[PDB]
Every structure is written in C-alpha cells, then in structure tokens.
Amino acid sequence: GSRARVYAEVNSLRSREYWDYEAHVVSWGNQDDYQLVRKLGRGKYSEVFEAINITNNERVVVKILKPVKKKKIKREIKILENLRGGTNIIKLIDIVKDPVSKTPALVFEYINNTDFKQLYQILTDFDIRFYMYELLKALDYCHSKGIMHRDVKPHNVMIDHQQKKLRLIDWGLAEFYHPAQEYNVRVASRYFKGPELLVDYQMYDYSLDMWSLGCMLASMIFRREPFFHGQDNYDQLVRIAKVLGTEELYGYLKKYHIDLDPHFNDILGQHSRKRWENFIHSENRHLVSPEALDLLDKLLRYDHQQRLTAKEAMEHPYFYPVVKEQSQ
Ligand SMILES: O=C(O)c1ccc2c(c1)nc(Nc1cccc(Cl)c1)c1ccncc12
C-alpha cells in the first residue's frame, strides 16, 4: 500500500501520548477573561467571534465549539498543542469553557486579514512567491510533526498584507498520519480536494495538502480563483482531468489499484494533458515564469507520491528571490 515519502514514522517514534489525543487532559483558562465583540462566521461545528482579552485589552478570536463532538475537540486541541510555536501556524492563546454548561471555546491570536477575493487580484510576482513560501513553512512544520491539515484553502490562509504576516488556521479537520491507515475522504473544500479524495482512495498522506497548495498557487499566478471550479465532487474530477489528462488519470488509478466509480464513465470524456502555458494571457503574464510553471507542474500531479514535499517545494528556484531577500 501507499506510504508517505517523508515523516512516515514520526508518530510511531514518539511517545503514545503525543498522538493519542483521546487520552489528553485539557488545561482550562478563565472564560471571563474574554468578551465577545463581533461574530465573524460559523462553521458546521463551531462559530467564530472577534473578542477582547479584558486582562490586557488585546484583540483575540474566540471559536466556540458546538456541537460538542468530544473526540473531534480533543483532536484539535492536542494537534494545536503539538504545533505550538510552529512557524506561521495560528497561535492558540487559551482554552476555556462555560463553568455551568461546559461548552468549550478556543482562543487564538487576531490577524488583520485582507479578504483573499480582493487580495489575489493585486499581488505582485514577488508577493506570490513570498506568501507561498510562508505557507510552505507552516505545512513543512506540521507534516514534520506528523500532522496533515486536510483543509488548505484561501479562507484558512489568513494574510495581513500590511505587515506581511501569514497564518494557517482552522485545524478542526487535521489528523495524525499513521502509515497504512485508511482515512475519511470527506475532507477539504471541493475546489481543493486532491484527486485521491475524489476517487475514494483512503490511504492518503501529507501530500494531500500539497495538491491544495498547488491549487492556490495556480489561482494566484493565473488569476482564475478557484482554479478548478467543479459543480459537485464528480464534476470536480472532470475539471481536473480536462487539464491533467484522462489517460494519465487511468495510469494513476492502475498504479494504486484504485476502483473508479462507474458514474465517471459517462462524464470524463477523453482529454489530452494540457500545457500549463495554455492558461497564460495578457492579464496574468507578469505573474507567470518558467520557474512558476515548473513548480506548479510538480505539485498538481495525480500521483500523490510524486508530488513535491513541502521541503522540496521550498527548495525550488521559484523561491530563490524570497530566500535571497530573507538574507539581505
Ligand atoms: O478556526 C480557527 O483556527 C481560526 C483561528 C483564527 C481565526 C479564525 C479561525 N477565523 C477568523 N475569521 C473568520 C472570518 C469569516 C468566517 C469565519 Cl468562520 C472566521 C479570524 C480572523 C482574524 N484572526 C483570526 C481568525
């Protein structure tokens, strides 16, 4: 069966308490330190507020977890503990609960985010390299800690374009990687789902995050956001196959012995692999380079095992201007 090319054994080489999140004992702060100011949004199992820490006047974010899916809550809490101090990972400030109802909430640092719909249309070539490099730092960190994020997408990549600060947020779908474990494919947003998820291949790994990152890179350099805009999960794979090719898809399925849902037979058609240069036009030309296209081609590949790791991506020549500037 398939295995990650990197960090495959990191969890088995650590103490069981590192990854056995169900056994984790939470340390609780003081709920009354935090005053809710404004609702930011709502997820399926949580709601997020801007708040003020009344002890230091500082703005924070409070994520109230409800439904209280107790196992999912300990998983997110333990993953955040394991990732503490990691580069560009959202900082968890506190964990509190209502003393009477016991409903728990997470408290995070506040990032003055620029909405990606507006931001992605005005980034320069250097900006794209810079922010992608910062995102890769967070992914290399979490993968090296034995954790897959599983929900990489613009909404979960918060960018303060004034201070040039990036944070990878929302670790509620993240999971520990264990070799040969079969994982639920109902993760990630439709537009960022790797082909392994779309064909119901459960033995995936950290490389799922690199497909999602490649999707973001494509949307930034080409200015089509989202880059692969399927109408549903079936159409999502069709949109991918029109670019990467159908014979190439079948070769990937054959390599990993993946069964293809027969509903695909009537919708996939026959499509050659396309050159990434086909997406260049006058409005995005200044953002595209041989280096960008080479990197993108090494990320948006069917074969999850052949995609660049986060570390390998950071070493790519596309990031040399960032590396050279982070040393001047
Ligand atoms: O879940 C986390 O880890 C998490 C952690 C931090 C933030 C967050 C979610 N969501 C934010 N905003 C937001 C905007 C729209 C909808 C929703 Cl649900 C949330 C936000 C804003 C500013 N600073 C930090 C955060």
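The numbers used for chain A are those of the PDB entry, and the residues that appear cover 7-334, in sequence. If you're wondering, the header gives X-ray crystallography, 1.5 Å. We count ligands from 1, going down the list as the structure has it; atoms in each ligand are counted the same way.
- Sitting at ligand 1 is the drug silmitasertib.
- Taking the chain with most contacts, the partner of silmitasertib here is, per UniProt, Casein kinase II subunit alpha'.
- Measured on heavy atoms with a 4.0 Å cut-off, the binding site of silmitasertib is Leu46, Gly47, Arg48, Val54, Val67, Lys69, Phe114, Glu115, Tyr116, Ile117, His161, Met164, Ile175, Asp176.
- Among protein heavy atoms, atom 21 (C) of silmitasertib sits closest to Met164 CE, 3.5 Å.
- Taking atom 24 (C) of silmitasertib as the reference point, the nearest protein heavy-atom neighbour is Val67 CG2, 3.3 Å.
- For silmitasertib, the atoms lying closer than 4.0 Å to a non-hydrogen atom of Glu115 are 23 (N), 24 (C).
- What sits closest to atom 9 (C) of silmitasertib on the protein, heavy atoms only, is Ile175 CD1, 3.4 Å.
- In terms of protein heavy atoms, atom 2 (C) of silmitasertib is closest to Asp176 N, 3.4 Å.
- In this structure, atom 23 (N) of silmitasertib lies nearest to the protein heavy atom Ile117 N, 3.0 Å.
- The shortest heavy-atom distance from silmitasertib to a UniProt active-site residue of chain A, with that residue, is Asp157, 9 Å.
- Residues of chain A contacting silmitasertib are concentrated in UniProt domain Protein kinase.
- Near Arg48, the atoms of silmitasertib lying under 4.0 angstrom from a non-hydrogen atom of the residue are 18 (Cl).
- Each of the following atoms of silmitasertib lies closer than 4.0 Å to a heavy atom of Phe114: 2 (C), 3 (O), 5 (C).
- Among the UniProt-annotated ATP-binding residues of chain A, those with a heavy atom closer than 4.0 Å to silmitasertib are the following: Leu46, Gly47, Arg48, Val54, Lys69.
- In this structure, the protein non-hydrogen atom closest to atom 1 (O) of silmitasertib is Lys69 NZ, 2.8 Å.
- With hydrogens left out, the protein atom closest to atom 12 (N) of silmitasertib is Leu46 CD1, 3.5 Å, a heavy atom.
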